[PDB]
Amino acid sequence: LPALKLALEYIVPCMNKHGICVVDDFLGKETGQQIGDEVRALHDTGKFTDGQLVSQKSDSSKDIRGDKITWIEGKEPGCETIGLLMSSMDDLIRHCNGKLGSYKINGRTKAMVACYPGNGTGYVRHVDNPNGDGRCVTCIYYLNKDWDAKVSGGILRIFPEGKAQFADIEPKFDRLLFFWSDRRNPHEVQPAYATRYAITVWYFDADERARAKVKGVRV
Ligand SMILES: O=C(O)CNC(=O)c1nc(Cl)c2ccccc2c1O
Ligand SMILES: [Fe+2]
């Protein structure tokens, strides 16, 4: 699918109606697998953090850690298919622009690659941007070949604002997800019992980000 046709016929309508949009088979199997390989090489070569401190015990070799992260710009050696993913997200957003709510998207973060290590940890209920920091759209790409949540857990559960209620989204290979980053979409990651990778970029609305700057920037 040309990025523009996906954007106009699918992303924009779904985002405006539901605030959440799932695109399956985004990049296809060859590119998805190449991204998988890049992320696994990052993991195998020690490029992730040790993971979010989940249980701090006053004895510390028994601390439990959860999601590990690394920030990727997309031009690093061995990360160029991740770079390519990021470009493809950006092209999708560029084709939506002016049509997602009333936002005008003018920038994004680096990619945050996350690895839930498969030790029963997940991620607590949260809103990505609860305090007006500029981020308007969360974009997540999942990496996980043959993921079965009934065995491996790791479902993303989102609670669209005032609804009875939730949507359960499997972290499926080659699935791309968008959702509004603000309090409209509280969400959580259920415990994962197998290694679970995802790559997230957040897009900034120009007006929100400009006044967030207000609330060394000193001349
Ligand atoms: O991975 C998923 O399906 C959903 N993940 C998250 O919502 C998520 N959100 C945030 Cl804000 C962080 C923030 C830091 C590290 C990992 C995160 C994460 O997995
Ligand atoms: Fe989140």
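Throughout, chain A uses the PDB entry numbering, with the displayed residues spanning 188-402, 409-412 in order. Atoms within each ligand, like the ligands themselves, are counted from 1 in listed order. Hydrogens, waters and symmetry mates play no part in the numbers below; they use all other heavy atoms, side chains included.
The drug located at ligand 1 is named FG-2216. The chain that FG-2216 touches most here appears in the PDB entry under the name Egl nine homolog 1.
At least one heavy atom of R383 sits less than 4.0 Å from an atom of FG-2216. Remark: minimum distance from atom 15 (C) of FG-2216 to any protein heavy atom is reached at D254 OD2, 3.3 Å. Other ligands and ions closer than 4.0 Å to FG-2216, by number and name, are ligand 2 (FE (II) ION). By UniProt annotation, the domain of chain A supplying most contacts to FG-2216 is Fe2OG dioxygenase. With a cut-off of 4.0 Å on heavy-atom distance, the UniProt-listed 2-oxoglutarate-binding residues of chain A close to FG-2216 are: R383.
Of the protein's non-hydrogen atoms, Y303 OH, 2.5 Å is the one closest to atom 19 (O) of FG-2216.
Heavy atoms of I256 found under 4.0 angstrom from FG-2216 belong exclusively to the side chain. With hydrogens left out, the protein atom closest to atom 13 (C) of FG-2216 is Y310 OH, 3.5 Å, a heavy atom. Contacts between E375 and FG-2216, counted as non-hydrogen atom pairs separated by less than 4.0 Å, are absent for every part of the residue. Among all protein heavy atoms, the one lying closest to atom 5 (N) of FG-2216 is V376 CG2, 3.6 Å. Looking at the model, one finds no covalent bond between FG-2216 and a chain. Among all protein heavy atoms, the one lying closest to atom 8 (C) of FG-2216 is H313 NE2, 3.8 Å. UniProt lists residues of chain A as binding Fe cation; of these, a heavy atom within 4.0 Å of FG-2216 is found for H313, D315, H374. Binding site of FG-2216 at 4.0 Å, heavy atoms: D254, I256, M299, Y303, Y310, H313, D315, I327, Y329, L343, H374, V376, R383.
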